[PDB]
Engineer: 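Here's one more: a structure with zanamivir in it.
Within every chain, numbering begins at 1; the chains are lettered A, B, ... in the order of the sequence lines, protein sequences first and strands thereafter. Order of listing sets the numbers, starting from 1, for every ligand and every atom in it. We use all heavy atoms of the structure for the numbers below, so side chains are in, but hydrogens, waters and symmetry mates are not.
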Protein chains: 4
Amino acid sequence: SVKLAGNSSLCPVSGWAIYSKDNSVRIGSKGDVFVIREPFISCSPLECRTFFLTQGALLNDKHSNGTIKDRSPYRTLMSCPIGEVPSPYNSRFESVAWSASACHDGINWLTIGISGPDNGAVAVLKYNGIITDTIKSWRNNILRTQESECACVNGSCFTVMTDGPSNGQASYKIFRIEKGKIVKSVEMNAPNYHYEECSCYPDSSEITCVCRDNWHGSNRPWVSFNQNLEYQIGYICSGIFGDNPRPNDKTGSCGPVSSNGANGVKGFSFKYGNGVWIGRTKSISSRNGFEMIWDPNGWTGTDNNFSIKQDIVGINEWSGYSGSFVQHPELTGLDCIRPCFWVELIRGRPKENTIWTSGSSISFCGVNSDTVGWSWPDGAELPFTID
Amino acid sequence: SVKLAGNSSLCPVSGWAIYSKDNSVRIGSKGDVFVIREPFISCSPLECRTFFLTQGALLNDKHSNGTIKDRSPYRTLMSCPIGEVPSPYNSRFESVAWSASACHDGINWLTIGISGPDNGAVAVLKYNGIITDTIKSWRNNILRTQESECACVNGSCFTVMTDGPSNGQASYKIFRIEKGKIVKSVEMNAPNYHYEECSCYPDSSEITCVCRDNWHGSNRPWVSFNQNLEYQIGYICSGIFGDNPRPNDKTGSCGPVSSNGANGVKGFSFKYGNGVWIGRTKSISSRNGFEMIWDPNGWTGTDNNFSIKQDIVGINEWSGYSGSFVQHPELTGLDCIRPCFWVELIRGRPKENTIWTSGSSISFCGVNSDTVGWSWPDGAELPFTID
Amino acid sequence: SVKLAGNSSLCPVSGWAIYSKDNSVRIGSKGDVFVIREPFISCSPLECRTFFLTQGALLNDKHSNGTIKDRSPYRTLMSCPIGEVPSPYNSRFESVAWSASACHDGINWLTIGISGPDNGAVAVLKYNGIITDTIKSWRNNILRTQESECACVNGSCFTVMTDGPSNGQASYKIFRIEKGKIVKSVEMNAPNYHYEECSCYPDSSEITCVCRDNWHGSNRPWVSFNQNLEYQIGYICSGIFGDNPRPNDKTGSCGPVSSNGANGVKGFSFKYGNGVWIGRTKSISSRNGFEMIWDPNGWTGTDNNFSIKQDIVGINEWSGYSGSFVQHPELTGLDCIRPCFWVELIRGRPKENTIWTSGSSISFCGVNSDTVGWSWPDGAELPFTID
Amino acid sequence: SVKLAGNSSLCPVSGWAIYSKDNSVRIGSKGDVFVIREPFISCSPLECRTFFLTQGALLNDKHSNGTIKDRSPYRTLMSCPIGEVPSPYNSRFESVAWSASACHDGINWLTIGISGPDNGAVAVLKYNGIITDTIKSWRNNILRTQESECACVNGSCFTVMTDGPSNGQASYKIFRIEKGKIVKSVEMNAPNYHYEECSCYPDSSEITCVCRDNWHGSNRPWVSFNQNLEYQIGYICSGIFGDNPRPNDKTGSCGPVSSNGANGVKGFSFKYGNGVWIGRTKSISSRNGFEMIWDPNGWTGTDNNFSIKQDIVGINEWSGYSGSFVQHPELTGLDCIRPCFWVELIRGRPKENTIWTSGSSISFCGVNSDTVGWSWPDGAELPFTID
Ligand SMILES: *[C@@H]1O[C@H](CO)[C@@H](O[C@@H]2O[C@H](CO)[C@@H](O[C@@H]3O[C@H](CO)[C@@H](O)[C@H](O)[C@@H]3O)[C@H](O)[C@H]2NC(C)=O)[C@H](O)[C@H]1NC(C)=O
Ligand SMILES: *[C@@H]1O[C@H](CO)[C@@H](O[C@@H]2O[C@H](CO)[C@@H](O[C@@H]3O[C@H](CO)[C@@H](O)[C@H](O)[C@@H]3O)[C@H](O)[C@H]2NC(C)=O)[C@H](O)[C@H]1NC(C)=O
Ligand SMILES: CC(=O)N[C@H]1[C@H]([C@H](O)[C@H](O)CO)OC(C(=O)O)=C[C@@H]1NC(=N)N
Ligand SMILES: CC(=O)N[C@H]1[C@H]([C@H](O)[C@H](O)CO)OC(C(=O)O)=C[C@@H]1NC(=N)N
Ligand SMILES: CC(=O)N[C@H]1[C@H]([C@H](O)[C@H](O)CO)OC(C(=O)O)=C[C@@H]1NC(=N)N
Ligand SMILES: CC(=O)N[C@H]1[C@H]([C@H](O)[C@H](O)CO)OC(C(=O)O)=C[C@@H]1NC(=N)N
Ligand SMILES: *[C@@H]1O[C@H](CO)[C@@H](O)[C@H](O)[C@H]1NC(C)=O
Ligand SMILES: *[C@@H]1O[C@H](CO)[C@@H](O)[C@H](O)[C@H]1NC(C)=O
Ligand SMILES: *[C@@H]1O[C@H](CO)[C@@H](O)[C@H](O)[C@H]1NC(C)=O
Ligand SMILES: *[C@@H]1O[C@H](CO)[C@@H](O)[C@H](O)[C@H]1NC(C)=O
Ligand SMILES: *[C@@H]1O[C@H](CO)[C@@H](O)[C@H](O)[C@H]1NC(C)=O
Ligand SMILES: *[C@@H]1O[C@H](CO)[C@@H](O)[C@H](O)[C@H]1NC(C)=O
Ligand SMILES: [Ca+2]
Ligand SMILES: [Ca+2]
Ligand SMILES: [Ca+2]
Ligand SMILES: [Ca+2]
Ligand SMILES: [Ca+2]
Ligand SMILES: [Ca+2]
Ligand SMILES: [Ca+2]
Ligand SMILES: [Ca+2]
Ligand SMILES: [Ca+2]
């Protein structure tokens with residue numbers, strides 16, 4: 001076992017090849033499948049796993065009732081091999097949590113699971129399944145984290161946490177974690193910024209995060225930092241807005257775009273110089289459809305022109321959260337860090353007439369060979385027998 | 001593989017971070033989950049597992065009928081990874097048993113499973129799944145043991161067993177077991193004491209057990225011994241009574257507290273000098289709620305003052321059995337033995353209108369970083385379809 | 001990996017300690033559990049497994065209909081860890097078979113699975129799951145084998161097969177198998193003998209088999225042989241008759257006891273000099289109850305006196321097939337071969353008003369420490385929802 | 001780990017011994033079993049696995065509705081150990097796909113999964129679960145591949161793909177793949193030929209494929225090539241026609257037999273000099289029955305005489321697809337490549353009155369010891385509760 005170097009650059013990619021699809025909701029109609037949301041993928045040098053927050057209940061059972069609710073004592077972080085349905089029969093228990101992150105440093109798994117009351121939540125850190133540290137809410141207002149994989153470089157793993165209002169200025173901290181122990185942290189000086197649910201990845205020994213502004217930005221905020229946590233901040237400038245909801249594409253801003261800026265959804269983007277691969281919903285007002293857009297100057301440029309668009313989920317189909325995950329050379333045998341991404345396909349409340357809310361997932365990995373756009377939707381027929 | 005040293009002291013702890021929650025009853029509403037009770041956790045140098053006594057039946061099936069009953073030929077000791085639901089599809093078979101204990105010496109698993117008739121029960125000992133010894137009832141009155149993990153020190157594992165009345169003077173024996181073979185035992189000379197379901201842990205090469213007096217003590221009895229089985233006995237002196245049922249907190253006794261002393265529940269406590277971490281129900285009359293209390297002089301002092309209280313399960317929620325389990329430095333990489341504990345959340349009979357009785361579990365580990373009190377209850381909605 | 005020596009003697013035993021119980025039928029009321037019969041246990045140097053013949057169907061499903069039937073194209077030999085329920089989710093596939101045997105030589109598993117038509121059945125031999133040999137019916141009349149573990153000595157494994165009438169003189173062959181290849185066989189010269197479903201075990205480099213006479217013997221025939229297949233034959237002389245059905249205990253015979261000699265049940269016995277450990281039903285006319293009897297001169301003596309009787313299953317409870325299995329020193333660390341045995345608990349047709357027939361199992365291992373008699377029955381409530 | 005040599009000849013075989021049967025449909029009546037079709041078997045140096053295309057749904061659930069449909073975004077390639085039912089609880093995820101192939105080179109698994117739209121499908125290649133290459137439709141008309149195992153020789157694996165009409169001239173390409181990377185391909189110059197769903201195996205360092213002519217051939221086309229992709233093409237000359245549908249046996253042709261030549265079914269054959277082992281349905285008009293025929297001059301001879309016929313599935317029972325798979329000396333310890341084959345037993349639409357279509361499987365391996373013909377059908381009772 002050797003720790004991930006994380007010192008190579010991102011592999012340039014021309015398109016996205018489908019990597020997995022679990023059909024969780026379709027199968028859960030009869031099978032014993034967890035009610036879940038906020039799934040995400042993360043890989044070790046040996047395997048890739050799907051992490052997810054259960055509602056401590058199964059699909060098509062009465063306990064799935066009211067699962068639109070975000071936080072409860074019953075939610076747990078669990079994981080299974082990528083592409084398999086999240087079942088009590090194939091899932092490893094990770095932590096008790098209604099907000100989470102996880103990543104492998106090359107030696108062991110780090111998991112971060114947040115539970116407890118809204119006014120005093122505690123993040124429990126585990127390394128190889130052993131509790132190694134905790135961090136408690138510092139603003140007493142829903143301590144929350146990535147809902148996707150943390151990022152590791154040379155034995156150090158990094159994550160971002162938020163505490164404070166979801167509709168106004170909050171507090172954002174970056175953490176450096178070694179073998180499950182917080183060895184350093186810093187609060188970001190980001191007046192008028194809002195950071196939630198960051199999708200972070202390593203690139204040339206540094207970390208880049210693309211996050212969610214739930215306050216007043218329809219474009220996505222970003223934060224990048226080195227291992228010493230010296231950071232820079234900004235927003236993606238492209239007029240191809242990345243959040244949901246958002247306005248129709250137009251002239252963008254390198255600051256928060258106020259138009260339709262309230263609320264949002266977890267998302268991601270990959271930076272390549274001045275260019276950016278943007279993953280986003282197809283709808284500007286709802287969580288449906290998904291597409292990947294290559295914008296050669298979208299990181300720093302404000303125009304709404306782009307070069308490549310690839311369909312992932314049809315506009316008439318439900319989508320939801322999305323996030324980045326990477327495959328290190330230690331896993332692939334490549335000389336660069338390969339970008340992949342996952343999409344949560346949310347079914348149920350509030351948009352559908354069920355008693356429950358749950359999601360399935362799909363994932364893709366970046367390649368330079370031929371690819372094709374299509375739609376790989378959830379595919380479940382609602383409502384269910386339970387409703 | 002190397003045997004556990006067990007020669008370091010207990011890690012001082014300021015609070016308890018949640019470690020696991022299986023949501024067994026909620027999931028068993030639809031999923032294939034064993035009807036169980038008397039669960040407990042125990043760890044090896046590699047993993048932690050949940051042990052439990054099945055009723056040889058599944059939740060929401062007719063064979064769960066009458067499972068309030070304590071003993072039968074159908075009950076079996078099984079185990080699964082911690083935090084996972086006890087299912088026939090993820091559970092390892094250990095032993096046929098209606099009373100049990102288990103622990104890992106660093107090399108292999110030792111399991112103790114008691115089955116047979118009330119008037120002649122036999123404990124079957126296994127080492128790495130192979131029968132290595134037996135011990136038969138010596139008072140012909142329900143031979144019974146810990147219902148939690150045994151304690152191991154330098155290749156020797158220790159447990160306590162009881163035989164005799166549950167409402168009067170009984171007989172109590174301590175055993176030293178090496179590779180599944182009983183190498184020494186001694187009967188405790190404890191007139192007017194009553195010991196049942198001891199929660200035992202190693203500390204500085206010696207064993208400390210906190211147990212249940214079902215006869216006439218509302219405080220908990222304890223027994224401590226070295227590897228040669230030279231022992232000391234007493235009761236926790238604190239006026240913060242630990243058993244259930246019990247009186248309201250008042251002036252305690254270093255002997256058995258007669259007030260509300262009959263009946264009881266399995267519990268635990270961690271000794272730190274004259275101080276004690278007490279886990280107990282919140283109700284004085286019923287098995288509901290759970291809290292952790294730090295009493296700096298509660299081991300030897302009789303007053304009812306304390307310094308710290310941390311909520312674990314709300315008073316309006318069902319609890320049940322609780323027990324200690326430790327994580328050795330061989331597992332954690334620490335220089336001390338870490339204290340953890342589990343709580344059984346009992347649902348069904350006799351307090352609820354069902355045909356069945358079963359439990360789920362939660363567990364916590366002691367830390368010196370920030371923690372928070374809350375309520376992590378079972379969360380199941382009774383009755384079930386079967387009733 | 002090293003091949004089993006099999007050159008030590010049987011461990012003398014004073015009683016039997018319960019080893020496993022799967023509660024298969026009770027659990028199958030709701031869980032996904034195979035309809036099975038003819039289960040048996042066999043161990044490697046690492047683990048013990050339960051082998052069984054499925055009916056290619058699950059309990060409480062319409063396809064369990066008519067499963068009283070012995071042979072069909074759907075029956076398969078599968079296995080799971082001992083004590084676990086036989087489910088499609090935890091069972092390894094072994095072979096297509098309606099008659100079978102299996103054993104581990106210390107290096108790999110040997111399985112023998114017989115399928116095909118009654119008039120031309122073929123035994124398929126597999127070593128490490130690879131087909132290594134076949135043997136076809138030589139009398140064109142239901143080629144059939146042990147339904148329990150074969151026996152291995154120094155890299156050679158041995159089994160017995162029968163072909164011919166179930167109600168008259170048939171043909172019996174012994175096989176020597178090395179790495180899945182038949183290297184030698186011999187037909188037993190046994191006029192007026194009848195051998196079926198032998199329970200064979202190694203002892204001091206030679207093999208002893210105790211079998212079933214379905215023709216005209218209420219006592220059990222035996223055959224013993226060395227590695228060169230030089231054999232001896234006879235019947236257990238004890239007036240404590242071992243087959244079912246049988247007469248009340250009286251003066252026995254060293255030849256086939258004709259009284260109630262037709263029909264029978266698979267069983268076993270362990271020989272110790274002139275003495276014998278006899279496992280048998282409690283009923284003389286039906287497959288219910290089970291007991292272990294130590295008869296110090298029962299191998300060669302015809303009287304009906306005995307020294308020890310241990311209850312296993314109550315007379316008012318269903319039993320069925322039973323068989324021997326051993327644990328070699330390579331597994332136990334002992335200096336002798338330990339005797340164990342399993343009992344099939346048959347539920348359903350023909351004695352019960354269901355559409356199906358299936359069994360669960362219990363097992364015990366011989367010890368010299370204290371033991372106790374009891375009843376560990378199937379425990380299922382029939383009929384089921386399907387009937 | 002060492003790569004397969006693939007340089008030995010096929011093991012001559014006189015008959016076929018049954019190897020596996022999963023009883024998937026029977027078990028799926030109650031159990032949680034995937035709706036599948038197009039199953040196939042492939043082995044590594046360690047184990048054999050069943051690959052299959054799920055419909056992203058379970059048997060006896062509403063989402064099995066309309067599963068007669070060949071292609072959708074929900075279909076996925078998964079695998080489980082041979083002989084086990086394809087369940088979400090025991091199946092490994094491989095790829096998103098409605099057409100697939102897979103094989104092991106001795107070091108790692110190669111999987112090929114085709115998904116996307118009919119007019120622009122993309123094959124995603126994975127090596128050890130990591131995406132290594134893609135190939136996109138070149139005729140924009142349903143890119144499709146083997147639906148059985150690819151063939152590996154000295155670290156290179158080979159497959160055949162088709163793109164174009166199913167009822168006329170199409171385009172056929174052979175690929176050489178090393179560690180999941182396409183290193184060479186060539187389009188076959190085969191005017192008036194039609195190739196689909198090739199069953200390919202290695203023999204003496206070269207590859208032989210027997211395929212399906214869906215255009216105008218009731219006999220099967222073949223293509224053979226060396227590692228440099230230098231190929232030869234033709235049709236099986238035997239008057240014992242191998243496709244379905246087909247004419248009654250008569251005088252054959254070394255070119256496509258036009259009579260009943262339209263439509264077809266995936267099949268296989270093993271070449272031995274001028275002779276051929278032919279696997280085929282028993283019915284000339286429908287997918288029922290299965291038999292193995294040895295025709296000593298059937299590869300190059302046009303007569304309808306043969307030497308051996310072995311029954312596999314009765315004519316009154318449903319069959320379906322069939323394919324070859326081999327076991328290399330690296331797995332068996334033999335000095336030749338052993339031929340095996342599997343048969344898909346299709347149940348449901350369009351021939352049966354259900355809402356769904358699914359298959360189970362059986363498999364056989366070639367031996368030179370005694371064998372027997374019989375019928376090992378699916379055995380499920382339709383319709384099901386869902387219909
Ligand atoms: C679990 O066990 C309980 C108690 O045995 C079952 O409830 C009982 O159901 C039986 C059968 O329906 C009832 O027995 C009948 O009693 C009536 C008189 O009320 C008598 O006339 C009949 O001859 C028969 O004996 C019984 O009343 C009833 N007991 C109670 C307390 O309700 C229950 O059905 C079982 N549940 C499952 C899921 O198996
Ligand atoms: C699987 O799919 C089939 C076909 O869609 C389902 O059968 C169909 O069920 C629907 C809903 O009940 C029926 O639609 C209705 O048709 C009537 C006219 O007959 C119309 O007045 C209603 O407005 C409605 O459209 C439809 O008749 C029926 N089709 C057939 C061929 O029976 C079936 O229910 C599905 N099965 C499962 C388990 O989901
Ligand atoms: C901690 C927590 O509750 N986080 C939220 C989250 C949150 O409400 C917003 O980002 C605003 O702050 O949004 C949503 C969402 O679907 O928008 C899911 C989350 N649910 C879970 N993580 N359980
Ligand atoms: C062997 C046995 O039956 N032990 C008991 C136990 C016992 O009744 C008391 O401690 C009094 O002696 O109490 C209880 C109880 O929930 O209070 C559960 C146990 N159930 C099981 N261990 N199966
Ligand atoms: C090959 C086969 O059918 N063997 C039989 C067996 C047999 O009928 C007798 O011993 C008489 O020959 O008896 C019985 C039995 O329950 O008595 C179960 C078996 N069923 C299975 N092995 N499948
Ligand atoms: C890609 C695809 O759809 N291939 C087909 C296939 C095809 O229609 C013919 O060979 C004609 O081209 O036939 C059949 C069939 O059962 O005949 C099943 C396949 N289904 C799946 N592979 N999913
Ligand atoms: C990246 O890290 C690896 C492992 O330490 C090292 O060998 C290599 O020199 C580094 N690459 C660069 C470009 O610095
Ligand atoms: C869901 O919760 C509501 C309480 O708001 C309750 O009324 C309803 O019965 C529940 N539904 C189910 C199916 O349990
Ligand atoms: C505890 O045991 C270890 C291992 O034998 C030994 O090295 C060490 O000295 C002991 N620790 C103390 C504090 O005595
Ligand atoms: C039994 O076999 C073992 C392993 O070969 C050998 O060492 C030993 O000498 C044998 N024991 C006897 C009593 O022959
Ligand atoms: C069982 O088989 C019989 C045929 O003998 C049939 O009549 C009956 O319907 C079947 N029962 C079930 C539940 O399928
Ligand atoms: C086949 O390959 C093996 C491994 O490279 C080689 O040793 C052997 O010579 C080859 N066999 C033949 C018959 O050429
Ligand atoms: Ca079920
Ligand atoms: Ca926003
Ligand atoms: Ca642009
Ligand atoms: Ca008490
Ligand atoms: Ca005090
Ligand atoms: Ca008889
Ligand atoms: Ca006698
Ligand atoms: Ca054709
Ligand atoms: Ca011919």
Engineer: If I want every copy of zanamivir, which ligands or chains do I look at?
Structural biologist: ligands 3, 4, 5 and 6
Engineer: Which chain accounts for the largest share of heavy-atom contacts with zanamivir (ligand 4), under its name in the PDB entry?
Structural biologist: Neuraminidase
Engineer: Can you give me the letters of other chains with a heavy atom under 4.0 Å from zanamivir (ligand 4)?
Structural biologist: B
Engineer: For zanamivir (ligand 4), which residues make up the site at a heavy-atom cut-off of 4.0 Å?
Structural biologist: B/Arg37, B/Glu38, B/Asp70, B/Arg71, B/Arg75, B/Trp98, B/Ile142, B/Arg144, B/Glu147, B/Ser166, B/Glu196, B/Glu197, B/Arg212, B/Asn214, B/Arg287, B/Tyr321
Engineer: Tell me the protein heavy atom at minimum distance from atom 16 (O) of zanamivir (ligand 4), and give that distance in Å.
Structural biologist: B/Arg37 NH1, 2.8 Å
Engineer: B/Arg71 versus zanamivir (ligand 4): do any nitrogen or oxygen atoms come within less than 3.5 Å of each other?
Structural biologist: yes
Engineer: Is there a polar contact, in the sense of an N or O pair closer than 3.5 Å, between B/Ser166 and zanamivir (ligand 4)?
Structural biologist: no
Engineer: Please report which non-hydrogen protein atom sits nearest to atom 14 (C) of zanamivir (ligand 4), along with the residue it belongs to and the distance in Å to one decimal place.
Structural biologist: B/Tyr321 OH, 2.8 Å
Engineer: So what's the organism behind chain B, according to the entry?
Structural biologist: Influenza A virus
Engineer: Could you tell me whether B/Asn214 and zanamivir (ligand 4) have an N or O pair separated by under 3.5 Å?
Structural biologist: no
